[PDB]
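Next structure: contains ramelteon.
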Amino acid sequence: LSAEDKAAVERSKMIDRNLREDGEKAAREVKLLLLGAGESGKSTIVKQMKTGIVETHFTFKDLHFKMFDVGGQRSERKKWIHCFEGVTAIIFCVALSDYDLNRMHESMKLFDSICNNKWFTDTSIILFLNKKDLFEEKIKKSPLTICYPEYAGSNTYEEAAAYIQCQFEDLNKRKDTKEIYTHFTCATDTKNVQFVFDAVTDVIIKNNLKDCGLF
Amino acid sequence: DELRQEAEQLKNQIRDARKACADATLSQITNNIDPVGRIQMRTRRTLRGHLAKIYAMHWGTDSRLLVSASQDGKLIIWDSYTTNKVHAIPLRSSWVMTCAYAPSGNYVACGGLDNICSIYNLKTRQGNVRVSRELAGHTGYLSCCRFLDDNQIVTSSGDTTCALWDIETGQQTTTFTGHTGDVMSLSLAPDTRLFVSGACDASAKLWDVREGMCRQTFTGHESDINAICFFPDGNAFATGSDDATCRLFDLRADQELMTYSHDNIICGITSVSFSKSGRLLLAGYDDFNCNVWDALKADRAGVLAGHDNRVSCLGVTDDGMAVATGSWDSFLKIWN
Amino acid sequence: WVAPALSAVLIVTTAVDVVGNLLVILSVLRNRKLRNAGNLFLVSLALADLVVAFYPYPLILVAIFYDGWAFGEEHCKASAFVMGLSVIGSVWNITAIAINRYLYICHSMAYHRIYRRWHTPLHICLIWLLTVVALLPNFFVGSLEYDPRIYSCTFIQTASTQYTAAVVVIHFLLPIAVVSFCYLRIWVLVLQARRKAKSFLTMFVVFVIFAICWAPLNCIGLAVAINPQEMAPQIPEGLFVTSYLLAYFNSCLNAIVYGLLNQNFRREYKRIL
Amino acid sequence: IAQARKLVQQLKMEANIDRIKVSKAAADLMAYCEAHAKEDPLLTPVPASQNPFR
Amino acid sequence: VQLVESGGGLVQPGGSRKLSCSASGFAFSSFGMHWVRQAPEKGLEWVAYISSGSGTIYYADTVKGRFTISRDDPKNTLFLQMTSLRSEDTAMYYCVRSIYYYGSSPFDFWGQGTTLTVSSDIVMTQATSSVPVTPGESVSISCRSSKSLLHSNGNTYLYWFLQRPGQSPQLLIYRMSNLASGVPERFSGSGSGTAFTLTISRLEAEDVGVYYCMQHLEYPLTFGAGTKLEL
Ligand SMILES: CCC(=O)NCC[C@@H]1CCc2ccc3c(c21)CCO3
């Protein structure tokens, strides 16, 4: 019951195997959604290696990283955020310098709005912290009381960093599905990429375990 | 404000005229007509080959070919009779949000988060599908594009403005402004002289094509406008809100006519389409399944379940023979 | 005690087993996503452990009702060969799943380079025909009997030294070594990567809780195999009865440790029901 | 601001168009739906002999 | 969009020869390829067919086994292996492309030709031999088939070909109704069942040539006798 449709069926079966190969080539790559509030903070972490979505891809330790920057889009967040349902991780970079310059209060929201969203309920959030050195110099003269009336510890770099880390981690509402990996950025290039790779490797193993069902 | 006081009075008499011109409602008028009864629709074909979520599709002119767009990065032109794949177009930015298939069957266009609308040839001297021209000039994400001729198209983006393009040159022939945020949907009249579009501020507007200036606005919603359709007659349209309230507006009467709401449904409509006769109003709900409504009785007449995730696109062929729905399940189904 | 125990445990075992295995069978076929994920090694496990739920156990119950063998020799020679396709086919799929969840979790490049695709659908047949291949000599040796010591016809050990053994080795030792090596490397890998970024109770024992319950029977076997002339007759009857009670117990165990205590399969169970 | 004047002009252009009684539009819609109800394969079930999908 | 072939010559009977078809200017990795043979001052005849991603290597019955056809996608070249030599073996060989999907038009472009040494199947036949013409009026050409070509799909698989004197032929009408790309609209094909007719609205100077017919319902593809349209 097929005179010349057999060639069409062959074509449809070959442009099916080609599509299967193309789709199986795109599962090895890891997709990371870059986010934040400050453009300067994004720069340092987009610098390391190599309108609308501005993609940037790099390879490290035989792993293909695909990093998407979306901040450019000046529109409603809720109308396109669901397009990133399957992202492996959400890189989040905030500023430590800006505790005074309520700007951190702004970020603290953007972190709450993104973390416990209707989507992203099973995606880890890597938390970067930038401008730690300038924070160290400027914390001597500026007490945290202006922006953090609840602070009771001493005025030092070590205690302030731990306190702000705990404050950022407190806004998490799903402690049994997410893992907020926190790191303090340094001048060394290699360390940031190493931390990103180590965090991604842990997430990949957990995702693999979820498929089989060892939980 | 005294300056805005005159605009307040203008809104006053326009609302007064709309209220006064409504001497009778449609619901009591359509009382002696027999209901269509229960409608049974079954799955005739199921089409597989997409891997990521499906966001849009468009029926062809001959009602035999259809094109679908997905986040996988591939644009597939299905054959709706034997479930064969005709073409597989690899994209550049895998963030597509809409697609369109030419009335003449020669061109296919799609656009997404890259703010670029691309036109693809389908009948070339070589056996390849190439890019004719990429249209740029939008500062927001492109939401919906519908062809007009083989040389003129209309696009709807998230930058509050709709535009009419010109593929031969690539420059914006006309630009439509007046909405406040995130123009979501778009649909054009059968005679290709007027079109309407829904905005995220829950207010649909009617734009003329030759004049290039807005002609009329419609309000009454509460949350948003996810998708819009247009009645086959050309004097009305159906709009899909985000609070389980499909609404049928009117052009001559210039008023809201009838609403399609239920207490059980709480989700938001994702797509709306009509039938050839216009009796059935099909809607695609966020609640894992589609629905069909009587355009006059305003009562449910069948639940078209069978999907494992939210439907994102719905379309009815030109001859009114089949109904095809696409969902985030990544499976495309054609029903009868 | 004897007969009560027996009948009791076996009826509820069959009741849980058949329902769970049919539920899983229809669950996997229900979704296309579940199907081609390499987890179709477990539908073979469900089928091969529901086979013992159809033929053997009802005939065992019928024999229990008559307080002795009620059928003919024809059924006896077949009521212990369907058993040998199920049990041997159940402790060989729990070591094949133990291999699937070692190439997907650990490794994983070669797994996506050397694709599964169609290999897996035909891979549930080689080690499912090797069951009868390794069971074909069972008719040749001339073993099997009613064995009224248990009131359930089964593989009598005193028959040969050759097959008392081979059965002990190919069915016990390897399906323990493999499953205690793979499910240990998977746990080690998981725990070794969690600390760099920043427990023997859900990943290593639930999956070997068949060893602790199949061990006594294999111990009795080797015993009666090393000295089949003096050691075999001297054996408490209650010990053998309890060993076989435990052996029939595991049969439903392979549906409540790969079944209703998962997260991927538990979700679909509501929709299908 | 000039945008307010532009919006006022658009509103007053909008508020100067003809109106039609809702009964006439409803009758037109009902007539269109009834007259073309025979050519609707979705409204009226179609035998599988001429159904392109089987 | 250019097909170039070489490998023709004069050889002793019983030998072997190599013919290579070089394709440049299109996606050769997606077009099914055929070989068409034309005996001197005679008609056409199908030889072989090789699909895209070679999986079907359908052959003609008269050269089955003796001839071998192969393709090399990266280099974009078609190969033909011939062994021995007979009277029917030698003729002019053509290289034809074809793509098969829902709305495709097989047998689009044709090669140049080669030379060699010497001089059931639906038997489509008509042979009205020669029709003398005067530039201006309308002339119709009739064709008859040995079997009903109207498949259950609702379309008939017959193609019309025109070969001007001095170069390779080209396709005019596919599925007895659809015009080819680039041909003038004056041509018009029609018919049903087994009686098909091709009509030309007006005759021009360049319309002089020989008209051939194909059937594509089932392999092997059978040509017609060919009717010359002379002045
Ligand atoms: C210690 C030896 C032992 O108990 N082995 C499992 C005995 C099981 C139980 C029932 C049956 C029937 C046939 C058969 C086997 C068995 C093993 C090989 O062929």
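Here is how names work: the chains are called A, B, and so on, in the same order as the sequence lines, proteins then strands, and each is numbered from 1. All heavy atoms count here, side chains included; hydrogens, waters and symmetry mates do not. Both ligands and their constituent atoms are indexed starting at 1 by order of listing.
Tallying contacts with ramelteon (ligand 1), the largest count belongs to the chain named in the PDB entry as Melatonin receptor type 1B.
At a heavy-atom cut-off of 4.0 Å, other chains contacting ramelteon (ligand 1): C. With non-hydrogen distances under 4.0 Å, the site around ramelteon (ligand 1) consists of C/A80, C/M83, C/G84, C/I88, C/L135, C/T154, C/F155, C/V167, C/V168, C/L217, C/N218, C/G221. Between ramelteon (ligand 1) and the membrane-spanning segments of chain C, as UniProt orders them from the N terminus, heavy atoms come under 4.0 Å only for 3, 4, 5, 6.
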